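Residue indices begin at 1 and follow the sequence shown. Order of listing sets the numbers, starting from 1, for every ligand and every atom in it. Quick note: numbers below take in every heavy atom, side chains included, and nothing from hydrogens, waters or symmetry partners.
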Amino acid sequence: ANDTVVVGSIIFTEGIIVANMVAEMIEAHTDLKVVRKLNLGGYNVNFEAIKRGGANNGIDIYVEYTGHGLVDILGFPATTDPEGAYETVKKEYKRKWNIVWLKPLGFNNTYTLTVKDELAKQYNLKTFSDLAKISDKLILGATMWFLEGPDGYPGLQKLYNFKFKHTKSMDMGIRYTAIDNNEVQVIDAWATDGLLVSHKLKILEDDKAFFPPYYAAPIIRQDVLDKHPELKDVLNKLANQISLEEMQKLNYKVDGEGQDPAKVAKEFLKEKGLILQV
Ligand SMILES: c1cnc2cc3c(cc2n1)[C@@H]1CNC[C@H]3C1
C-alpha cells in the first residue's frame with residue numbers, strides 16, 4: 001500500500017537532472033513514491049547498485065549510457081553505431097542480469113577532446129590525429145572518470161599515441177575555467193556539458209572513431225517491472241524527448257545560472273507537457 005522505488009545517479013549535473021526527471025515522472029503518473037539516491041564514484045557504480053536493488057541498499061532504476069555499458073560487456077573499447085550499441089546492451093543486460101533497457105532519451109553525451117577555438121585556429125586543429133601530432137607541447141586537463149574509465153583516456157591514448165606534456169585530473173566545473181585561462185590547453189569536454197555554451201571551444205573530430213555512442217536511457221530491474229508494470233510506459237514517455245541542445249540548456253541552467261537541478265528537471269517536464277502544471 002506504500003510501495004517505493006529507488007532512483008539512483010552518480011554525482012554530476014546531467015545525471016542528477018535526468019534522475020530527477022525519472023523520479024518526477026514516476027510520482028506524477030503512478031502511486032509510487034521515490035527515494036532519490038546519489039552514489040559516489042563513476043564506472044560500474046550504478047550498475048552494481050542496480051544489481052543489488054532498492055530492497056538491498058541499492059537502486060531499482062537509473063539512466064545509463066549505451067557506450068558505458070558496452071565497454072563493460074566487451075572487456076575492451078570498441079566502436080559501433082547507435083543501434084549496435086543499444087541493441088547489444090539491451091539484449092545482454094536482459095539475458096545476464098534481468099535488467100531492462102527502456103527507450104533512449106534522445107541525446108548522445110559522448111566524451112570529446114576539446115580545445116579553445118583560438119588554439120585550433122593557431123595550430124590548424126580539426127581532428128584527434130592533428131592534436132596528437134602536437135600533444136607533446138600541450139597540457140591535458142581531464143575528469144577523473146575520463147582518466148580512469150576503461151572506455152576513456154587509457155585506450156584513446158594508446159590508439160592515437162597521445163603524449164601530453166602534462167596530464168592533470170580536474171573537477172568538472174574547474175576544467176572549463178582552467179582551459180579558458182590557458183592553465184591547460186585540452187579538456188575532456190562532454191558533449192552535453194552546460195559550460196560548452198559559455199566558452200569559445202572547438203570539439204575536435206574523433207577521426208579513428210575510438211569512442212562508442214553514449215546514448216542515455218532509463219534502465220530498470222525486471223522484478224520492479226513485474227511488481228509495477230505501469231513503469232514501462234511511464235518512463236517511456238521520455239522517449240526521444242530530450243535533444244542534445246535541450247540537455248545542454250538544462251545543464252547550463254544549473255552550472256551557469258545556479259538553479260538547483262530539482263527545479264530545472266521539474267520545470268522542463270512542465271514545459272514539455274510531460275507532467276501537469278501545478
Ligand atoms: C563512468 C560511468 N558513467 C559515466 C557517465 C557519464 C560520463 C562518464 C562516466 N564514467 C560522462 C560522459 N558519458 C556520459 C556521462 C558523462
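- Looking at ligand 1, the drug there is varenicline.
- The chain sharing the greatest contact count with varenicline (ligand 1) is, according to the PDB entry, iNicSnFR 4.0 Fluorescent Nicotine Sensor precursor binding protein.
- The shell of residues around varenicline (ligand 1) (heavy atoms under 4.0 Å) is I10, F12, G42, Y43, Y65, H68, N109, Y111, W145, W190.
- Proximity to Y65 (heavy-atom distance under 4.0 Å) selects the following atoms of varenicline (ligand 1): 5 (C), 14 (C), 15 (C).
- Ligand-side atoms of varenicline (ligand 1) in range of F12: 15 (C), 16 (C), range being under 4.0 angstrom from any heavy atom.
- Nearest protein heavy-atom contact of atom 12 (C) of varenicline (ligand 1) is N109 O, 3.5 Å.
- From the protein, the heavy atom lying nearest to atom 7 (C) of varenicline (ligand 1) is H68 NE2, 3.4 Å.
- Interface atoms of varenicline (ligand 1) facing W145, defined by a heavy-atom separation under 4.0 Å, are 8 (C), 9 (C), 10 (N).
- The nearest heavy-atom contact from the protein to atom 10 (N) of varenicline (ligand 1) is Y111 OH, 3.6 Å.
- Closest to atom 3 (N) of varenicline (ligand 1) among all protein heavy atoms lies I10 CD1, 3.6 Å.
- The N/O atoms of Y43, backbone and side chain alike, include none that comes under 3.5 Å of an N/O atom in varenicline (ligand 1).
- Nearest non-hydrogen protein atom to atom 16 (C) of varenicline (ligand 1) is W190 CE3, 3.4 Å.
- Taxonomically, the PDB assigns the source of chain A to Thermoanaerobacter sp. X513.
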Once you restrict both partners to nitrogen or oxygen, which atoms of varenicline (ligand 1) have a protein partner under 3.5 Å, and how far apart are they?
unit_1                 : atom_1 : unit_2 : atom_2 : d
varenicline (ligand 1) : 13 (N) : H68    : NE2    : 2.9
varenicline (ligand 1) : 13 (N) : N109   : O      : 2.9

